[PDB]
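Entry with testosterone: notes follow.
Numbers in chain A track the PDB entry; the residues on display, in order, are 1-323. First listed ligand is number 1; within each ligand, the first listed atom is number 1.
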Amino acid sequence: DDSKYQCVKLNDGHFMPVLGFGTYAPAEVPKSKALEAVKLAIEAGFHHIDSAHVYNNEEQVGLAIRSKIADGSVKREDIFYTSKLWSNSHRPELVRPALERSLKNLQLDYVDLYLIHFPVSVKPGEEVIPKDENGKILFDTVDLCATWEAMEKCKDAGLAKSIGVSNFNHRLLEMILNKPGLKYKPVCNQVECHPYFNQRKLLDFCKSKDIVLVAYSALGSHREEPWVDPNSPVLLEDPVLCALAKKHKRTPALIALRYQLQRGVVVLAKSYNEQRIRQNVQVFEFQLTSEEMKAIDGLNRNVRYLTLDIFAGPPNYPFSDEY
Ligand SMILES: NC(=O)c1ccc[n+]([C@@H]2O[C@H](COP(=O)([O-])OP(=O)(O)OC[C@H]3O[C@@H](n4cnc5c(N)ncnc54)[C@H](OP(=O)(O)O)[C@@H]3O)[C@@H](O)[C@H]2O)c1
Ligand SMILES: C[C@]12CC[C@H]3[C@@H](CCC4=CC(=O)CC[C@@]43C)[C@@H]1CC[C@@H]2O
């Protein structure tokens, strides 16, 4: 039965599929691969697709989605598509224009979810990481509560079914939740999460407010230089994950994805390979015991692959606080 799939009810009443397809790939990888990969993901059973303006693939991702609706493989209501607002468009007057630009590239009428991508703001313009004459990034001073109000207007206009955040810490979440006149809470906080960085504290805070944590780099990340240090440990070579995989005749990736589902996290998984795409959907075919979950909880070791430390400095940089 393919018209049903596992989802979670968001705090605005909409439903989010619990397994999402990651679409980012390094610039070297031709865009024809993103188009094909999304088609393969939909074919395999993924109903949640994650992208962003800065991934430079929304034209291809949108074409894939539209092709799979037009060939009868899926209906628009059974696709949950996420886009993200880049940091050069945090000013409240620029939020709707950025969403409209994404929608025009996608050729879709609405996104299911629109997120604030990263909480540090940069100067507006066509450059996505604007830099001065000495190579210094041009930061901008924006009140994210004002940005949030503009996100709420996008939801009221129907351009985004749901709105949320990404890369927010405890303080930043509280700032939105305590905003005077708040209309809509964020439905989710999309952050790095895997057995080496399991986010227990931030996850519990999100649970206490009915905010869903959406895990990125759940398989150990793309490991793309300069974003990820090559000396960071390779998640999927972990001996505990590999031993659990061998016991169950599964793979370390499947163990890492199932861990997130059973702790109440919505998990993303990027793959541009036909067999790994099909493999990843097998997360719904087995369950982990409480002892196995505890063993995986024991791997926590403070390994953050994606620091985005070129944006460090401003008070909104999210990774200096404990959580
Ligand atoms: N909000 C943010 O700031 C943010 C940041 C990072 C990522 N994201 C989102 O999260 C997605 C996922 O994370 P990521 O892109 O960092 O990666 P990831 O999902 O952690 O994956 C890592 C790598 O795992 C490989 N892989 C996939 N399935 C596998 C399997 N079954 N067995 C072995 N290897 C497998 C992939 O290679 P192949 O493609 O060759 O299979 C991929 O290069 C991104 O694409 C993006 O949509 C968001
Ligand atoms: C789009 C881009 C390459 C991909 C970058 C992006 C800035 C944000 C970013 C952070 C990562 O850790 C992954 C790669 C990305 C998504 C860069 C801004 C200019 C550059 O061309």
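- Copies included, the model assigns testosterone to ligand 2.
- Counting heavy-atom pairs under 4.5 Å, the chain with the most contacts to testosterone is listed in the PDB entry as 3alpha-hydroxysteroid dehydrogenase type 3.
- Heavy atoms within 4.0 Å of testosterone belong to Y24, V54, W86, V128, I129, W227, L306.
- Among all non-hydrogen protein atoms, the one lying nearest atom 8 (C) of testosterone is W86 CH2, 3.8 Å.
- Proximity of atom 5 (C) of testosterone to the protein is indicated by at least one non-hydrogen atom lying closer than 4.0 angstrom.
- The protein heavy atom nearest to atom 7 (C) of testosterone is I129 CD1, 3.6 Å.
- The structure places no covalent bond from testosterone onto a chain.
- The protein non-hydrogen atom at the shortest distance from atom 2 (C) of testosterone is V54 O, 4.8 Å.
- For atom 14 (C) of testosterone, the nearest protein heavy atom lies closer than 4.0 Å.
- For chain A, the UniProt NADP(+)-binding residues having a heavy atom under 4.0 Å from testosterone consist of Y24.
- The UniProt active-site residue of chain A having the smallest heavy-atom distance to testosterone, to 1 Å, is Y55, 4 Å.
- Taking UniProt's list of substrate-binding residues in chain A, a heavy atom lies under 4.0 Å from testosterone for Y24, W227.
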